[PDB]
Amino acid sequence: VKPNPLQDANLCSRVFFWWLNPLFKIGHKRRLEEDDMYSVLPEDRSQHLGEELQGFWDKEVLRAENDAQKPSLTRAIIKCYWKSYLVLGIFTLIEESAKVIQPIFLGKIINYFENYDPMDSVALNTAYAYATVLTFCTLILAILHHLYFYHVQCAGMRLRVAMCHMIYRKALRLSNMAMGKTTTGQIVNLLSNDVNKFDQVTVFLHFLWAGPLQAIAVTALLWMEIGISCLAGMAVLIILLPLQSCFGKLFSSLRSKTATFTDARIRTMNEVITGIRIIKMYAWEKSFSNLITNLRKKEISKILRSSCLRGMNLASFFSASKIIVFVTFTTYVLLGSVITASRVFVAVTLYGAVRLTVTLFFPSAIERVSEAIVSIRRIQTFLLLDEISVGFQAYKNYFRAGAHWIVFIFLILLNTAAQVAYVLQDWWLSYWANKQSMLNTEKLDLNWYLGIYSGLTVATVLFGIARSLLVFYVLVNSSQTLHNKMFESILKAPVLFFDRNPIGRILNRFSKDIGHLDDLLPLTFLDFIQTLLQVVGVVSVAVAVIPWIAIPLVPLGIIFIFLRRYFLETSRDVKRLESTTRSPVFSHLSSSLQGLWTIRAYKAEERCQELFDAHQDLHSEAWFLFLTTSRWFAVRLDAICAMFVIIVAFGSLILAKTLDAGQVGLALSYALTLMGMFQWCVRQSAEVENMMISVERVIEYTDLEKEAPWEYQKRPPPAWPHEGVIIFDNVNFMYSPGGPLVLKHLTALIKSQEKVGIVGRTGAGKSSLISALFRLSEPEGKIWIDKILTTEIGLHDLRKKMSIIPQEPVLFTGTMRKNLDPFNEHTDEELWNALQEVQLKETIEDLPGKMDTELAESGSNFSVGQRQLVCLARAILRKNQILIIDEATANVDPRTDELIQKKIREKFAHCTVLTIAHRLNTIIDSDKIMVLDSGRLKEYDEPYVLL
Ligand SMILES: CN(Cc1cnc2nc(N)nc(N)c2n1)c1ccc(C(=O)N[C@@H](CCC(=O)O)C(=O)O)cc1
């Protein structure tokens with residue numbers, strides 16, 4: 001078998017994940033296929049995780065049925081995992097208490113600089129001890145966290161597998177009456193969507209009691225430093241809760257109505273791609289073009305508002321750390337107290353540790369718990385029924401299509417000012433403290449120091465909103481300008497491009513690639529850019545105070561570039577492995593429920609359980625590597641993130657004769673916030689480069705094959721088709737320019753007022769002549785028609801002056817007035833005349849509207865009869881000379897074909913009919929008959945010499 005190195009591995013080797021080093025060496029240069037993944041632990045099998053939960057549930061059902069109450073499933077999980085969760089909670093409490101001691105010991109180092117004496121050896125040792133104590137909370141938070149996180153993540157897959165095991169076990173005991181209601185789709189959905197919500201619940205389950213505790217623990221510490229002025233900092237942070245939720249209820253609505261404009265358009269596409277040979281033959285491209293162009297404008301106008309709302313939300317999330325500090329400190333100063341550099345940065349650190357945690361971790365645990373409870377209720381109600389007895393080019397082509405190169409310089413200059421203001425607003429307070437500490441009653445005027453601070457506070461918000469708005473607009477304009485190019489490039493492709501590519505591929509592209517281009521790209525781009533810009537500012541602030549922290553920065557930054565690549569090279573296969581191991585489980589589940597009555601004949605219902613367990617163990621193995629490979633990188637990242645802080649603190653302490661308290665506090669208060677932003681910035685690039693593939697495959701289009709232009713300046717006479725004379729010569733045809741033939745050298749010439757017919761068996765080149773004079777694939781061979789040719793004329797002025805009767809009639813979703821005449825070139829009464837001349841006016845007045853009656857789903861309300869008859873009515877109203885009749889019959893012998901053939905008898909007056917015959921008797925009193933066998937003709941004038 002495949003033993004895993006997770007076991008038989010001592011301590012101090014599982015905190016750094018040292019047992020996963022060899023696997024990387026295999027994934028770096030060999031592309032492991034399926035047999036380089038380790039097995040699962042003996043306590044992670046399906047049969048072990050399912051039987052104990054089944055026993056607990058069977059005991060709970062009896063316990064809750066003997067006494068008159070309802071059986072509950074939520075208790076059967078707490079009766080099992082309570083010990084594990086409360087054991088894990090110890091480290092949660094430890095790491096939550098460790099995040100409060102750091103700002104307490106941060107303020108004790110600045111106090112040493114505030115009272116400095118160059119001849120003193122007792123306080124330096126105390127400062128070193130304080131630094132050593134502070135240098136360990138970071139290590140505790142950075143190193144020992146990734147094992148507890150892996151454990152709390154693994155604590156969910158066990159339940160996820162145990163639920164599916166008993167679900168499948170129950171799915172084989174359903175009666176014939178209970179199965180008549182329950183479909184296979186809802187069962188595979190319950191097993192495919194409702195059980196996947198148990199993976200992210202245990203991660204956010206510990207915030208419901210750690211939020212309010214930490215809030216009070218920090219609020220109690222602010223009173224000892226500043227006083228009442230902390231309330232002015234806590235009164236704003238609460239207001240952010242109802243404001244960010246109410247507007248949420250305003251956003252979701254704007255997301256729903258847009259769907260109404262998104263699906264319908266797609267539906268229209270499903271009717272233009274299926275039937276190109278009819279739309280292109282009738283020259284009806286402009287109608288569908290105008291019908292499609294109108295919906296995209298409304299879709300963009302509805303998307304812009306939601307984009308602006310999301311941009312405003314992000315701008316409010318960016319610069320929310322400046323209002324609280326400004327308010328609390330102007331309140332603290334206006335009361336009559338003196339500002340010092342010992343409490344400012346401590347309060348800043350406390351506020352920054354509180355607000356993010358609260359406003360990002362509290363409103364999500366409730367959603368997670370609600371989804372989990374809904375899923376658990378569904379699964380419980382299900383089990384209670386009775387039983388039986390890329391590259392730089394991909395970015396350049398995507399960015400340069402949005403705006404000119406001036407807007408890019410403008411947005412760069414706009415992005416490179418918000419961070420400068422963000423840093424200067426906090427530097428001004430350090431300058432104020434340093435200027436105040438140098439006094440000996442010669443007080444400081446508040447006007448200047450309070451006006452500069454307000455200006456620096458307002459500029460930050462302004463430059464934070466403008467950048468987001470501009471970025472969102474520029475990135476939406478790109479999709480707006482690419483969708484067009486896609487449409488007018490795909491609309492002009494020849495029939496050879498549609499006869500080989502499936503419709504589902506094109507529809508899937510047009511839907512999901514444009515959805516990705518419109519919805520999630522600008523948000524992720526802006527978030528990544530903001531999180532990346534937030535780190536260079538911290539690095540520059542750290543460097544500008546101590547210029548000697550630029551020497552180790554190069555070795556600390558060189559390692560990351562290689563580490564990211566060395567990780568991705570082997571991490572870019574776990575997703576494929578997981579999907580390939582996950583799909584067969586659903587496949588087997590869906591295919592095993594149909595042939596179920598034969599599994600009851602031979603009473604073997606436990607072998608299928610073992611097969612299901614074996615199928616799920618592969619997905620379990622493929623999922624076990626994901627968490628470990630994801631945690632392998634965070635430890636090495638946090639190592640550098642903590643070494644940076646250690647170096648900063650110690651190098652700043654060992655230079656206590658050059659610097660002062662304000663700037664050491666400033667440099668120390670920023671280094672404690674890098675660990676989260678670095679992780680977020682590293683994470684966002686993954687999704688960016690993952691979703692750029694849709695952009696790249698969108699740009700794959702917009703440059704395809706193209707037929708001849710629609711029209712030239714070679715205008716034919718306005719009365720060109722006055723007489724039907726079609727000559728021929730030895731023409732050879734090939735669909736592809738280098739494939740086989742389907743037809744060979746039809747040489748003839750058709751007279752005017754002549755009813756010519758062709759006799760042949762299906763497959764000998766009989767159904768390809770309509771593709772010749774319609775030039776669907778421009779061949780060699782010069783075809784003269786009425787003093788002009790068929791090659792030096794545009795495609796529209798050649799197919800419009802010709803009529804065609806299709807084999808199988810097609811109808812589009814619209815009005816009866818538009819289906820017979822999209823481009824209005826006639827009056828009102830002529831439509832009634834042409835429709836009664838073909839003898840159908842029952843259905844119209846049997847219906848109310850009878851002129852604007854919309855159809856539905858390809859007009860299934862009608863039959864082949866009136867469909868063929870309305871195609872005949874189109875041929876009637878066309879008012880044309882050349883008529884090509886095709887015959888592919890599946891209809892019945894009664895009055896339909898008699899009526900249509902009599903109408904083609906008397907209605908058509910002396911107009912050059914070219915007919916294709918499938919039954920030898922449909923030709924009645926023909927004038928010219930040709931027989932076309934397996935590659936040429938034996939043609940004669942009259943049928944009297946044939947037989
Ligand atoms: C706690 N937190 C949420 C978090 C952290 N910092 C923030 N910083 C800002 N400015 N805004 C936030 N939304 C924010 N959110 C985090 C922190 C790290 C990762 C993270 O990088 N996770 C990776 C681990 C790293 C990796 O595998 O590459 C993963 O496997 O999913 C996720 C969320």
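For this chain, numbers begin at 1 and follow the sequence in order. Hydrogens, waters and symmetry mates play no part in the numbers below; they use all other heavy atoms, side chains included. So this one's electron microscopy, 3.0 Å, going by the header. Start at 1 and go down the list; that is how both ligands and their atoms are numbered.
- Drug at ligand 1: methotrexate.
- The chain that methotrexate (ligand 1) touches most here appears in the PDB entry under the name ATP-binding cassette sub-family C member 4.
- Most residues of chain A touching methotrexate (ligand 1) map to the UniProt domain ABC transmembrane type-1 2.
- By chain and number, the binding site of methotrexate (ligand 1) at a non-hydrogen cut-off of 4.0 Å is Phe317, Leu360, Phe361, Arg564, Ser630, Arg631, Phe633, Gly676, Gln679, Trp680, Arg683.
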